[PDB]
Asks: 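Hey, check out carfilzomib (bound form) bound to Proteasome subunit beta type-5.
In what follows, every chain begins at residue 1, and chains take the letters A, B, ... in the order their sequences are listed. Excerpt of entry shown; contacts counted in excerpt. The figures that follow rest on heavy atoms only: side chains count, while hydrogens, waters and symmetry mates do not. One-based numbering, in listed order, for ligands and for the atoms of each.
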Amino acid sequence: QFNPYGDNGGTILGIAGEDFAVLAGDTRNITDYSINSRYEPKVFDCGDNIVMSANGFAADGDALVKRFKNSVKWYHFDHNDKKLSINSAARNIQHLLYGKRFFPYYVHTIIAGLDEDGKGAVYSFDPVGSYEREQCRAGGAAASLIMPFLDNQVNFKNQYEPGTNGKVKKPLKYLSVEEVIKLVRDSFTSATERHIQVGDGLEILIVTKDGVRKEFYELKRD
Amino acid sequence: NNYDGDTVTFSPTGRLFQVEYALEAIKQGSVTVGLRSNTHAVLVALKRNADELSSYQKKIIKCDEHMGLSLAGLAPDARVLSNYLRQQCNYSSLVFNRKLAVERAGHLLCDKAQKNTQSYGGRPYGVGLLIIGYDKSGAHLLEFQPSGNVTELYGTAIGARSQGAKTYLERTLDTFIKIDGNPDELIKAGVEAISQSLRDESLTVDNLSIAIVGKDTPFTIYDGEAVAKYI
Amino acid sequence: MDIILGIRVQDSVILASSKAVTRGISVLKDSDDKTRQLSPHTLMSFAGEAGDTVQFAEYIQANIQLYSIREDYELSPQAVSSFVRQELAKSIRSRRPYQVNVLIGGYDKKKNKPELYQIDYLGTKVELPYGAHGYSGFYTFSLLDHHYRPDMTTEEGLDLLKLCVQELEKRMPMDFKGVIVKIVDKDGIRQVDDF
Amino acid sequence: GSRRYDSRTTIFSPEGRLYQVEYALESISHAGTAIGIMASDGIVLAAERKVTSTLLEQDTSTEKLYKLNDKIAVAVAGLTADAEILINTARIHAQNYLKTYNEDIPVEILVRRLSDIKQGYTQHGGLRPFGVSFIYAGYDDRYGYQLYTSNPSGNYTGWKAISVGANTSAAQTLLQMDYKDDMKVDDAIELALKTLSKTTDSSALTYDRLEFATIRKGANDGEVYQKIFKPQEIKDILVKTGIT
Amino acid sequence: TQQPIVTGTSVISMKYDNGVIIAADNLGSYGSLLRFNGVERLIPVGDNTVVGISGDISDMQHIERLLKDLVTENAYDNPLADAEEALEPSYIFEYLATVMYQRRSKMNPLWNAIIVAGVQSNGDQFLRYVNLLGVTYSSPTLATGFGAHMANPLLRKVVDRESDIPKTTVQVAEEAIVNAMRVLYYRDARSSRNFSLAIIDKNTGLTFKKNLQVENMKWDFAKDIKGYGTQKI
Amino acid sequence: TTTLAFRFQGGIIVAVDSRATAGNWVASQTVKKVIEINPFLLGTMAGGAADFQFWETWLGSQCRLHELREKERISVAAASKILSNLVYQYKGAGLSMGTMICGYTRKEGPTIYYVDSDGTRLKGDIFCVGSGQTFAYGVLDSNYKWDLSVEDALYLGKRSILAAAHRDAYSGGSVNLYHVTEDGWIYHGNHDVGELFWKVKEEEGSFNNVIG
Amino acid sequence: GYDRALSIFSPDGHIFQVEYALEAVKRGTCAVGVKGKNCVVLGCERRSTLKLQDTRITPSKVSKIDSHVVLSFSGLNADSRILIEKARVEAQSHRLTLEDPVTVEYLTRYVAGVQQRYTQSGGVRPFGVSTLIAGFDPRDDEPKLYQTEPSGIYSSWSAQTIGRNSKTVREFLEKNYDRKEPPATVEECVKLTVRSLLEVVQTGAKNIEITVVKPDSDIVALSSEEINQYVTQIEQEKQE
Amino acid sequence: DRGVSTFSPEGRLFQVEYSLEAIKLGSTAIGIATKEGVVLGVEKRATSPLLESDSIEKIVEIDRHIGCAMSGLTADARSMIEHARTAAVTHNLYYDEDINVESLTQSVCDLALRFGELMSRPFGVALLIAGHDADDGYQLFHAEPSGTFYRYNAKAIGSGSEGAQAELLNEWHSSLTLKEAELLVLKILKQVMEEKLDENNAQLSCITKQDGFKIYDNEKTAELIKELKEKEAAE
Ligand SMILES: *[C@@](C)(CO)[C@](*)(O)[C@H](CC(C)C)NC(=O)[C@H](Cc1ccccc1)NC(=O)[C@H](CC(C)C)NC(=O)[C@H](CCc1ccccc1)NC(=O)CN1CCOCC1
Ligand SMILES: [Mg+2]
């Protein structure tokens, strides 16, 4: 019997800073035990300083991104070129996803950008449209490997102040863009080591008030 | 007389009066000008107000990053037709990853307007459109009439007293066609062209409306203090 | 939903309906009234699939109330029961049938007679002196066969009903949290508060 | 297009009248007179056939009086073909009610639905109205014996005695004169015939030019019987009242 | 819901400095039966694109008709149909990719794996894959079916990343393709010796090679192999 | 999930956890499970996240349209019934919902309605919904009285979620408190179970099963 | 389907089909609505050219939409049934979804909305009917009286009349009705309603119908003798 | 007869032009826009003294940040308001934000020309749509049955519109306070109204960023009427 879904692997990662936000994702595309492409990007600039990635089943992922990109275009036409805020984009994406509640997009969507106060924002979605703003989110095949590491290093979970008898927690603070990229690179090299569907390359998209910059790094190709 | 009750009726001399009456709605509309060189295409439009307390009716509409039009006549009909163009441009991009040709854009508008002139119940569109764009075969300018007739031109004008600007462009043809790689000079020529259609009124800062598209220039519209340069 | 009983006596119809609403391993509520008044002298109790029961009961209630306003007249219990049966008979061959069983107790004012109708989710109607739906019948019917008489009073009917509830509380596996009892007679519908 | 040939059947006049309903009523006023009289112990339906021919088959004929169910009948005035369309609808409606509630349909409910159908043709659809006026004679256990009338407007009213069709003005005056509330069926039979005899456009009223029917409780104990009179039974009742 | 009946096996392809190469054998299998031998599974579109199709042949023939019809439709009211407004490989791919995904979304897929190889108007090499699921991806080397498992490893030794493309000539690239086709004949039980090959170059244009055969095969070592362990004769 | 809401002398307490799970994977510890529908109406979420997040939001749009059309705030009964009638149309399609529409109006007073995806709609004083509902019931029932103070009621709601958060593997993260009065709903903070458990253990002397 | 636009504008800006529907209302029998301090009363004319009528079964002029709301009308009798039916259905639908009976304003707004829809829908003519809708909101003791008309406009009235010779009875009510002090009792309200109809009717025998509506679904129709007592009392006070 | 969507020889749609005549017969409605807010006011015009004037609802809320006043065949406005409210709430659902006043007006105006042989005739009512958003600030729009809408600093519609508009031409300036605008609507309404202006036969409303759209009480308007009369007598 025909199975309309497939798994293209890969993994993605979104972190938010004070005045910036990054959305990273490996460039490997796979089916079963074969590599389809070593460089197939799945993190996209969608305009209005919104970056997006829909990881899982690539056909559904591409369709969704394509539709959201189009949703941004028609938002400009219908509302006098108004800039689509990240919170508004998130709600719009929920309706795109939930519109196919009974034949879902098999993807884990993450978007990143700046909120209306200029502060870094990351939203993550399930396949049927539930969403939540977070400082930190990993999605895709290696999400279970990367996420607990982020809890520890970004949000300082389980880390207490030395000598305080485990009474005072390590205080939360924003990370610099330099420190965030370090965590992203270490997260993906660790994920590459222990997950077969992760490797080849790492593409990071950084979002500041000035625009959308890109950075690329090699990953192990085995 | 007896043959103008609807669009489905021919007159004894072979005329469609409802289509001609729709054409008349364009003549009453405010003037708008279109012209192009080899590198850029420009729309200039005189906007109209109800009174001093009102705003000025927007004449220019964007269809894609590389295409858009100006209007003269029934504005709601221009909204319908522009929306159709937006969808057709968009269909071409999603399905074929292809920017819609300005010539095909005209063909699609022609065929949409025509269907309204051959069926009972409906009515012709009551608006004329000047479509500009830049595609794989360079700059383009199209004139749309609600009879269905679409015409590609170097320059033209439609609306009230459009004959003055049309005569000017007919004289200036050899000059403005060679304004390549110079946006401001091509606009200046368009602003001087529309000025030949003015009576008692002159071009002010919230009156003039300019749009441009070209080789390394997306379709963008200029209003307000952004057109003060050209007065 | 589980236990609904009905007893027709000389001058009235008595409906008893369990108060428990259970979901999974939790009794969510112990004061649920599994009945709707269709008209001043007609009462319908119900039991079955969650959601379907109330949705169906209220749908019938609305239709009978609409009729009452239109004609300025109360439909007979027989007429109401036939309407209800037809709706269930339509339902059973639908894409998604109403899985609801009902008892209709009413007092016909023209005949001056109490009437009890039992209708299952298939649209199977029967007029009875006493009726029940679900597993309740497997205990109560045999008990009522023995103790029931056709000329009983309302008070005798309530004692006969107590005897049924006691038996169910003794031998039924589930705790149904007692019953709400309602009486239908010439003067209309009223609820017994202490049972 | 087709706008040119549209009569616009469902519009108002400047005076606030429905052209087509008024003209349909004008049509009905030329149709054979039909009378309904309601007594305490029954109902009479009398109707005059339209100018009869001697070679018309009289015994196996039905023009004016139709049976809707065992408890309800109607007298027709207007286009017979139109009336039959409505009668079959009314017959079906009665059976739907019986199927649903296991009870014979109350007279008014049947009358209202039939009148609501007529109303529809005056407000939407762009079709001509039904050129028919009914006299409904029936019984139910709520109101007992009932007479109603409905017309192309879809408006219906209840009556003790009423006429439709031709010469209703003269016929209504005569009924208003001799009618009283404690009247019996046999008296109402005589009134119905006497009224037609005086309002007829014919020279003399005969058995072959009439249709007659009664709805009595004259069956055995608490049940209603519908009698559609045979030709010979009309001949006898006409002699018995001294008209021929 | 379908099941494929008459099927075509691997389609292989790669990029080189000036263009792209694509190849696929001429077989139409009917399960284990090697039913049809004269089946062309490379279909050119204009003078700048070649679409290589594997999977169900009835669906392949349907796609042929769609592409044929696309060329006709593009020529309508188009004075520049053989110039600036000619069909690009990217246009042809996106159209097919749209169709493939729409059909999978209606639970009635075109049971195929497709590779669109060509050269754009600006000289850029185009090579992209799409299948019954609507999944799309691009890579210096692309292959379907068994080709994905056996050809890609060999072709990736020549062009392992982007920077290796300018360093790869058409001679070296074609040699690697022809070798891959031989390996597939050794190891794929639904392959044939006969195949077609197509080159799309930005300078020399479209070159379509028919009736090629796998040759220079190694079989002589078979004579020395006896039994399955202990046998000596 | 674990969610509860109970009615008492001083109005309505509403308490929820903040965990989200995909099987045994803890997806989030910071999910909002209370919907602020309007200043007088709250909605709790237990079941499918998307279904709740989508439809209870939609419910709020329908409640806004009601007060525009009728020039009056919607009743808790009418609000709950819009949702219950909606999910009943989708019955069998596979929606997963157990919600509580909580609010105050003049005509009704403080009111709680249980609504779930198979069409059940129940008015009641106490409800607990979710995978850890039984754990919450245990503590809530055994300590519940109508005459609880606002201070004690808030704590019991908080303590009941904590009880479930501890025992139920699919409940945890943090507690979100709400108090609904005649004047409207009042938010009473986010309470991380990480710190709250030990604070409650020490001060209350409970949770002796755990290694202190 | 029949599509023709029957209701359309004319050069002077009028919709004649709506205006001609008002003429049908002007032809209809007079109907009056008067609201007191704790009640509303609906009075209705019945023309006396129809003797030999059966008043038991003849459709009554005042109709119950729900147990707490009533509707009277003037104009085409057949048209009124369609509005009444739709109103009764909507009343039950409101109870089903909102779990509360309709307000009088809501019910009026619905009926008025139906009437309006028939003024700009293809293939239909407007309703030749104006209505008086009266009653009491659930758990409320403030009397409500609304009017609707074919165009679709609706509004609340302290007292109002519609139908034939309605301008005469409106003239009467305008000087006889005090806003500062409405009819304090049921008797006072009914008397003023009967008085107003006696300016137009003819005889006070079987020509006047009166229906009294009080709070909490308390609606009753008066009989001939009960109404006749008001007629007898008013005439004796008049001779002065 | 003749088609519904027919053009006149002059190039106008007959039915649209005829609907404009219906609007001229309608009661007066005035709107004035300022940097402190937008004010909307209407003539109620009760046909008879027995009619309870508070039930006359010619000013209407679309959303918290958008209000609306009407003139002409006011029954036709009900479906326009219904659409506007749905459009406003629907956009909030899809985008988690308030909808622009211009976008709302455009949505309403899309209904206008959806008639022919869709509804049977154009709307016989004009609308003044007033509101506020973060991008373009305080706005006032005039929405016609032609499908056209103009933005206005001030605008009058209805029977006394041409006389009131000429008065608004002289009186309006870019520095008007909200209180000044309130009095100005009352002043101009009193000039064009048939019967004498008071709190019962005229109604005021406004929309501000802070408090949103509010219809004024009869007590509040009565004081503004008294304040207006005193100021005119003071010079
Ligand atoms: C307690 C915490 C759990 O019992 C509560 O009941 C909460 C309620 C809160 C969130 C409002 N419920 C859940 O957390 C809920 C449990 C659940 C899941 C699925 C169906 C019913 C109940 N969890 C979810 O809804 C999660 C939300 C997080 C962000 C992942 N989402 C999913 O499980 C999604 C969508 C589920 C779905 C429903 C209907 C059709 C299709 C899918 N599924 C996945 O994310 C799949 N999974 C992710 C990891 O990659 C492998 C696939
Ligand atoms: Mg490997």
Asks: Which ligands, or which chains, stand for carfilzomib (bound form)?
Replies: ligand 1
Asks: Which other chains make heavy-atom contacts with carfilzomib (bound form) shorter than 4.0 Å?
Replies: A, F
Asks: Which residues are in the binding site of carfilzomib (bound form), using 4.0 Å as the heavy-atom cut-off?
Replies: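 Counting heavy atoms, the site comprises A/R101, A/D126, A/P127, A/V128, F/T1, F/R19, F/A20, F/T21, F/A27, F/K33, F/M45, F/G47, F/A49, F/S131, F/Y170.
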Asks: In the entry, what name goes with chain A?
Replies: Proteasome subunit beta type-6
Asks: Which residues that bind bortezomib according to UniProt in chain F have at least one heavy atom within 4.0 Å of carfilzomib (bound form)?
Replies: F/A49
Asks: Are any other ligands or ions shown closer than 4.0 Å to carfilzomib (bound form), and if so, which?
Replies: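 That would be none.
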Asks: Determine from the deposited structure the residue and atom in covalent linkage with carfilzomib (bound form).
Replies: F/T1 OG1
Asks: Identify which residue UniProt marks as active site in chain F lies closest to carfilzomib (bound form), and report the minimum heavy-atom distance rounded to 1 Å.
Replies: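 By heavy-atom distance, the nearest UniProt active-site residue is F/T1, 1 Å.
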